[PDB]
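Working notes for the structure below.
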Amino acid sequence: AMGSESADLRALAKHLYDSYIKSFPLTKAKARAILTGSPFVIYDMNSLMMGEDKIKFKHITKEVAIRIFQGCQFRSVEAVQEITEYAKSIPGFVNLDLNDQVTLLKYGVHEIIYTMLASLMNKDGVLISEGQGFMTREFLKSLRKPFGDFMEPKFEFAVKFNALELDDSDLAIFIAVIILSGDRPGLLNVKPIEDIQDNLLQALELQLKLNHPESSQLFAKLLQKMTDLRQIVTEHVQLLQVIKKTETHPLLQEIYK
Amino acid sequence: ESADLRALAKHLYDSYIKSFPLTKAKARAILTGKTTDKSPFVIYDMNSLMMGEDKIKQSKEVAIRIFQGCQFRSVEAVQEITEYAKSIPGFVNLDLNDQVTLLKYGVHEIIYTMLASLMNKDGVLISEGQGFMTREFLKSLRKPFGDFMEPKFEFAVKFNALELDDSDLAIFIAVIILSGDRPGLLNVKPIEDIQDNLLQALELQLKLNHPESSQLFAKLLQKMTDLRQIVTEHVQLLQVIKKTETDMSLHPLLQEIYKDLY
Ligand SMILES: CCc1ccc(CCOc2ccc(C[C@@H]3SC(=O)NC3=O)cc2)nc1
């Protein structure tokens, strides 16, 4: 029995890494290799126009700021399905009450999207179209109000988050901790979700201790980032309030809400 | 790959349960009175219709009010079906125009597939299982509405004879959505490749769940011919209705679906 707890936690961590690799083809490791230095760079309106020829976008059915926002929504819809697939491989998740599964995902996917978005970001821009393109932070910032300000807070979060230097094996456990959050509103069976999250937290803590021995209290630091993810999501939900009440297919509208 | 196809089948069943509150299993339980709950209210004539509208809980003429009730149920189903479609692996990665086309052309085929789950040869469950409207009452409605539901009943009787359950239907409805022959599709092969995988998953599901049912896979695919004819004939009936009725306020969602459809 000596060492068996450790071994079980490392086995869970490896299981989550392996499934994360299957659910998310464009890993942080691959993204960082692209970002450090080939993708087509969109750095202004003109290069965005030629970018449309070099890259086949799937969301084009208008004004440039609106098309970019719709492109981001298309990608987020794809990410919801990748995250839902990944969640099925979190031990315990599929055996939960079906309604609680839906609830956990409804509230979890946005926090996860912005966590994983940081893997594709550096301080100067973001990979798009599976690494085929790179859009500068400055170009996004330049878009007309209120679209100039919709990606900037995500960049702010990502620069700080990426300074933790987490890798894919760390993130796989962290995103599972996020999904198994017992405090989402409307959950029927809270105790089993907390039990699963307890074991995931143990696994995350041991993973960070072994992978980042030089990083004092990285576990605590990473848990604290949950306050900023929740801030980012809340703030982002408010901005989606504006866009639907100041800006402007019926099936298309259905696909997304 | 066997385990991949079983994992696909289980994923679709789960998302089907998440997306469709009134399953065939529940519809069947109500139809045969097997669990708790009080029997549904039976509407078999004009007097029982009048009272059913009082107990079960805005045109004035009866045939139009029933037709509009069917339209409202359809809008609801479209919302459930589109929610389901997003869960089909690969669907949301398609060109967005093709996503819209697949839903435009698939949604009624699925509506009539799942309508069969609420039908027997004598009538159809309505209002979330709180009512049961008889087939003979529906056939009594004035022209051209006495012919509205009858072809759907003819389909349901033949389709229900296949004895599918919800786990079978979840894969079947995904096969319907991922049809590469819809008019106006831009990227056909990505859709066909997905449907190919769904067809492999459906074939294995039928062989495991229905080992004694010879050629059930083929017989189920043959019902796709019958579903297409129900939809195209329903569009025909809509053209007759346009000529026989005064204003028909059609829900805008149905307006877009029907726009330039057959
Ligand atoms: C209380 C009136 C009533 C309530 C629901 C049903 C059962 C539903 O049968 C249906 C029949 C047709 C549809 C398709 C509807 S009707 C139409 O023109 N377009 C549609 O999408 C959808 C459901 N029967 C009678």
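Just so it is clear: chains get the letters A, B, ... in the order the sequence lines come, proteins before strands, and each one is counted from 1. Counting starts at 1 for both ligands and their atoms, following the listed order. Hydrogens, waters and symmetry mates play no part in the numbers below; they use all other heavy atoms, side chains included.
Per PDB records, the drug at ligand 1 is named pioglitazone. The chain in largest contact with pioglitazone bears the name, in UniProt, of Peroxisome proliferator-activated receptor gamma. Other chains contributing a heavy atom less than 4.0 Å from an atom of pioglitazone: B.
In terms of protein heavy atoms, atom 1 (C) of pioglitazone is closest to B/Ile126 CD1, 4.0 Å.
Contacts with pioglitazone closer than 4.0 Å are made by no heavy atom of B/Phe72, backbone or side chain.
Pioglitazone is contacted mostly by residues of chain B from UniProt domain NR LBD.
The protein atom (non-hydrogen) at minimum distance from atom 20 (C) of pioglitazone is B/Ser74 OG, 3.0 Å.
The overlap between the UniProt rosiglitazone-binding residues of chain B and the residues with a heavy atom under 4.0 Å from pioglitazone is B/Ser74, B/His108, B/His234, B/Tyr258. Contacts of B/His234 with pioglitazone, taken as heavy-atom pairs under 4.0 Å, involve the side chain alone.
Among all non-hydrogen protein atoms, the one lying nearest atom 3 (C) of pioglitazone is B/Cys70 SG, 4.0 Å. When non-hydrogen atoms are compared, pioglitazone lies under 4.0 Å from the side chain of B/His108 (C-beta onward) but not from its backbone.
For the residues B/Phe148, B/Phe137, B/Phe132, B/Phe67, the heavy atom positioned nearest atom 12 (C) of pioglitazone is part of B/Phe148.
The entry attributes the origin of chain B to Homo sapiens. Nearest to atom 19 (N) of pioglitazone among the protein's heavy atoms is B/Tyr258 OH, 3.0 Å.
For atom 2 (C) of pioglitazone, the nearest non-hydrogen atom of the protein is B/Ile66 O, 3.8 Å.
The nearest protein atom to atom 9 (O) of pioglitazone, hydrogens excluded, is given as B/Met149 CE, 3.6 Å; this is a heavy-atom distance. Only the side chain of B/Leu238 comes within 4.0 Å of pioglitazone, counting heavy atoms alone; its backbone N, CA, C and O stay farther away. Lab note: binding site of pioglitazone, heavy atoms under 4.0 Å, is B/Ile66, B/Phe67, B/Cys70, B/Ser74, B/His108, B/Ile111, B/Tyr112, B/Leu115, B/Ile126, B/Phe148, B/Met149, B/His234, B/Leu238, B/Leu254, B/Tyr258.
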Between pioglitazone and the protein, which N/O pairs are shorter than 3.5 Å?
{"from": "pioglitazone", "atom 1": "18 (O)", "to": "B/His234", "atom 2": "NE2", "distance (Å)": "2.9"}
{"from": "pioglitazone", "atom 1": "19 (N)", "to": "B/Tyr258", "atom 2": "OH", "distance (Å)": "3.0"}
{"from": "pioglitazone", "atom 1": "21 (O)", "to": "B/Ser74", "atom 2": "OG", "distance (Å)": "2.6"}
{"from": "pioglitazone", "atom 1": "21 (O)", "to": "B/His108", "atom 2": "NE2", "distance (Å)": "3.0"}

